[PDB]
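Opening notes on salicylic acid bound to putative transcriptional regulator.
Throughout, protein chains are lettered first and strands after them, A, B, ... in sequence-line order, and every chain is numbered starting at 1. We count ligands from 1, going down the list as the structure has it; atoms in each ligand are counted the same way.
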2 protein chains.
Amino acid sequence: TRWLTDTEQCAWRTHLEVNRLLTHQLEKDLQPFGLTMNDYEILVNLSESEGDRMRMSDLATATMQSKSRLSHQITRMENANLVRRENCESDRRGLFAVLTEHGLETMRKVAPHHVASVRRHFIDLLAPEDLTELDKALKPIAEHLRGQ
Amino acid sequence: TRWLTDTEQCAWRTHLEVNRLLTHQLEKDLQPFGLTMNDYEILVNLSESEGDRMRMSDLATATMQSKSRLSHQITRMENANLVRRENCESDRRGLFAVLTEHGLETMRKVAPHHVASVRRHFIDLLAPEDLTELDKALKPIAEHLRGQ
Ligand SMILES: O=C(O)c1ccccc1O
Ligand SMILES: [Cl-]
Ligand SMILES: [Cl-]
Ligand code: NA
Ligand code: NA
């Protein structure tokens with residue numbers, strides 16, 4: 001068994017501590033808007049797409065979740081009038097998710113607070129050099145994990 | 001509003017993607033042992049404490065969660081005979097979470113596999129320089145988040 005060295009262990013535990021604490025903190029900061037981070041991430045992905053809409057299978061890939069889990073989540077967001085589903089007449093490759101105007105306005109309301117939170121708890125705490133170096137180091141990890 | 005620059009946004013999204021994918025993968029690798037990552041984190045904290053026990057209030061602080069959330073998790077682990085709650089005779093009254101013999105054996109069985117997983121999905125994918133850098137860059141973010 002190759003136990004972690006002191007240097008490896010420290011890096012691993014710092015990563016894990018930041019991951020856990022940051023996820024909690026960002027969720028906490030969205031709570032007053034009645035949104036989960038999962039909700040917010042869908043709003044962002046849709047708003048950055050042409051026509052504010054995406055094929056469900058492409059949205060599933062972008063949010064790294066199963067067809068069935070995304071479907072449940074979209075039903076929840078539909079019930080909150082944030083998104084709607086649309087049929088495709090021309091093929092059988094599935095439904096589109098589309099942002100509603102209420103979804104758009106919700107995004108526009110929350111985004112400034114979310115960006116301020118991301119900055120105060122993370123981005124503004126990193127030197128530009130460390131940000132770049134972190135990104136170059138972590139990109140291949142994302143790639144490995146996406147493949148896995 | 002100071003919107004994220006392109007460089008900041010790319011880095012931020014890579015951090016999010018890695019945090020999410022890595023948590024999912026490590027949870028998946030623990031599944032054959034019947035353990036969640038929350039379970040495992042408590043096993044680790046207890047096994048690294050003197051006497052393989054910790055005061056519940058210290059354990060809440062160490063895992064950065066509320067008294068009520070920890071309590072629900074400990075109940076689950078107690079039902080699984082991994083930990084016991086005990087008002088241990090002590091000079092300072094207080095409730096302890098105590099690793100059971102089954103907890104300790106479970107830890108000894110699972111730890112080698114978990115370390116192999118942490119290596120294959122993360123640690124063995126990082127150059128020594130990026131490991132040092134991760135640690136130096138992220139420590140102040142962990143500090144900030146703990147202070148919240
Ligand atoms: O999953 C881990 O390896 C770990 C390490 C330190 C503290 C809590 C944890 O879950
Ligand atoms: Cl558009
Ligand atoms: Cl000990
Ligand atoms: Na758009
Ligand atoms: Na110990």
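- Within this structure, salicylic acid can be identified as ligand 1.
- Lab note - other chains with heavy atoms under 4.0 Å from salicylic acid: A, B.
- Applying a heavy-atom cut-off of 4.0 Å to salicylic acid picks out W12(A), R13(A), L16(A), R20(A), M37(B), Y40(B), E41(B), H114(B).
- Scanning the protein heavy atoms around atom 6 (C) of salicylic acid, the nearest turns out to be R13(A) NE, 3.6 Å.
- Ranking the protein heavy atoms by distance from atom 4 (C) of salicylic acid puts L16(A) CD2, 3.3 Å first.
- Considering backbone and side-chain N/O of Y40(B), none are found under 3.5 Å from N/O of salicylic acid.
- Polar contact check, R20(A) against salicylic acid: a nitrogen or oxygen pair lies under 3.5 Å apart.
- The nearest heavy-atom contact from the protein to atom 2 (C) of salicylic acid is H114(B) NE2, 3.3 Å.
- Each of the atoms 8 (C), 9 (C), 10 (O) of salicylic acid lies under 4.0 Å from some heavy atom of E41(B).
- Under the PDB entry, the species noted for chain A is Streptomyces coelicolor.
- Which parts of salicylic acid touch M37(B) is read off a 4.0 Å heavy-atom cut-off, strictly below it: atoms 1 (O).
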